[PDB]
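Structure, as structure tokens:
The lettering of chains (A, B, ...) simply tracks the order of the sequence lines. Since chain A takes its numbers from the PDB entry, the residues it shows come out as 1-99. In order, the residues displayed for chain B correspond to 1-99 in the PDB entry numbering, which applies throughout. In listed order, ligands and their atoms are each counted from 1. Computation of the quantities below employed the complete heavy-atom set of this structure, encompassing side-chain atoms and omitting hydrogens, waters and symmetry-equivalent molecules.
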2 protein chains.
Amino acid sequence: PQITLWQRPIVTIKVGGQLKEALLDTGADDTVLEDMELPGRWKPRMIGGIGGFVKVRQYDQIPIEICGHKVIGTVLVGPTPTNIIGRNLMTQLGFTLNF
Amino acid sequence: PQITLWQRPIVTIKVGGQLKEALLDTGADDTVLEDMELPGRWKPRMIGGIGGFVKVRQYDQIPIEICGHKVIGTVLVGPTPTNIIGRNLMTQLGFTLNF
Ligand SMILES: CC(C)c1nc(CN(C)C(=O)N[C@H](C(=O)N[C@@H](Cc2ccccc2)C[C@H](O)[C@H](Cc2ccccc2)NC(=O)OCc2cncs2)C(C)C)cs1
């Protein structure tokens, strides 16, 4: 299917057993979710964006369902204002930009 | 054209006579450029990002060529690591996300 950009491209995801809404974001290298618990080891990281930087925890090999399809990759967790699905997971679903 | 997302979706733009690089960003409502000179008056705007909020200058009705296509719209100028083409201008080109 085709997703329009007249509105924010927000989709439902399932991660860590929880259902959430998240923004499909071609301008994000990585996926960043509002603070939550995830299984396994993690390492601290600083990620930068428009307002400056925030400290997050990086969990690797985390499974996520997006649009029902199951993908796996790195997920950063911390005080982000909204959940963001980055290119690292978008590629796994075969997403492209077209015009 | 079709753009995959294994690397950052960077395109060439032309604004105020100058060629620049910019990131195609579906997760951005608006277009934000690094400090530069633009004609006309500006008005104040606060935009929010991952790191919080920042003051930018809002210039309305600015012509930009993106991939040689002319768009005319609002451009925000302020502190940013990268020029960002947001949904306001991506919609003028007819960009969609597809999988
Ligand atoms: C130039 C160099 C430093 C670059 N690094 C990168 C890799 N990096 C750091 C990222 O992708 N970082 C992501 C990001 O913020 N990307 C950004 C572009 C950018 C990149 C680097 C530095 C500054 C801005 C752009 C992202 O789409 C974010 C997503 C978002 C949306 C709402 C709330 C929080 C976040 N969009 C926004 O910040 O919107 C700003 C707004 C515009 N108009 C109204 S609000 C994080 C979410 C992970 C790309 S270019």
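- At ligand 1, the PDB records name the drug as ritonavir.
- In the deposited model, most contacts to ritonavir involve the chain that the PDB entry calls Protease.
- Other chains in heavy-atom contact with ritonavir below 4.0 Å, by letter: A, B.
- Of all the atoms in ritonavir, the ones that sit under 4.0 Å from a non-hydrogen atom of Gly48(B) are 39 (O), 40 (C), 41 (C), 45 (S).
- No heavy atom of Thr80(A) sits closer than 4.0 Å to any atom of ritonavir.
- For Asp30(B), a nitrogen or oxygen atom sits less than 3.5 Å from a nitrogen or oxygen atom of ritonavir, counting backbone and side chain alike.
- With distances taken over non-hydrogen atoms, the option nearest atom 30 (C) of ritonavir out of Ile84(A), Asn83(A), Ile10(B) is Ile84(A).
- The closest protein non-hydrogen atom to atom 20 (C) of ritonavir is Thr82(B) CG2, 4.0 Å.
- Shortest contact from atom 36 (N) of ritonavir to any protein heavy atom: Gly27(B) O, 3.2 Å.
- Scanning all protein heavy atoms for the shortest distance to atom 28 (C) of ritonavir gives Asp25(A) OD2, 3.8 Å.
- Protein heavy atom closest to atom 38 (O) of ritonavir, with residue, atom name and distance, is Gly49(B) CA, 3.6 Å.
- Atoms of ritonavir lying under 4.0 Å from at least one heavy atom of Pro81(B), given by number and element, are 1 (C), 3 (C), 22 (C), 23 (C).
- Under a 4.0 Å criterion applied to the non-hydrogen atoms of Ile50(A), ritonavir contributes the atoms 23 (C), 24 (C), 38 (O).
- Within 4.0 Å of ritonavir, judged by non-hydrogen atoms, the site holds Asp25(A), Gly27(A), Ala28(A), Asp29(A), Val32(A), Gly48(A), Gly49(A), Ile50(A), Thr82(A), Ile84(A), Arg8(B), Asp25(B), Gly27(B), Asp29(B), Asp30(B), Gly48(B), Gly49(B), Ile50(B), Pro81(B), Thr82(B), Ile84(B).
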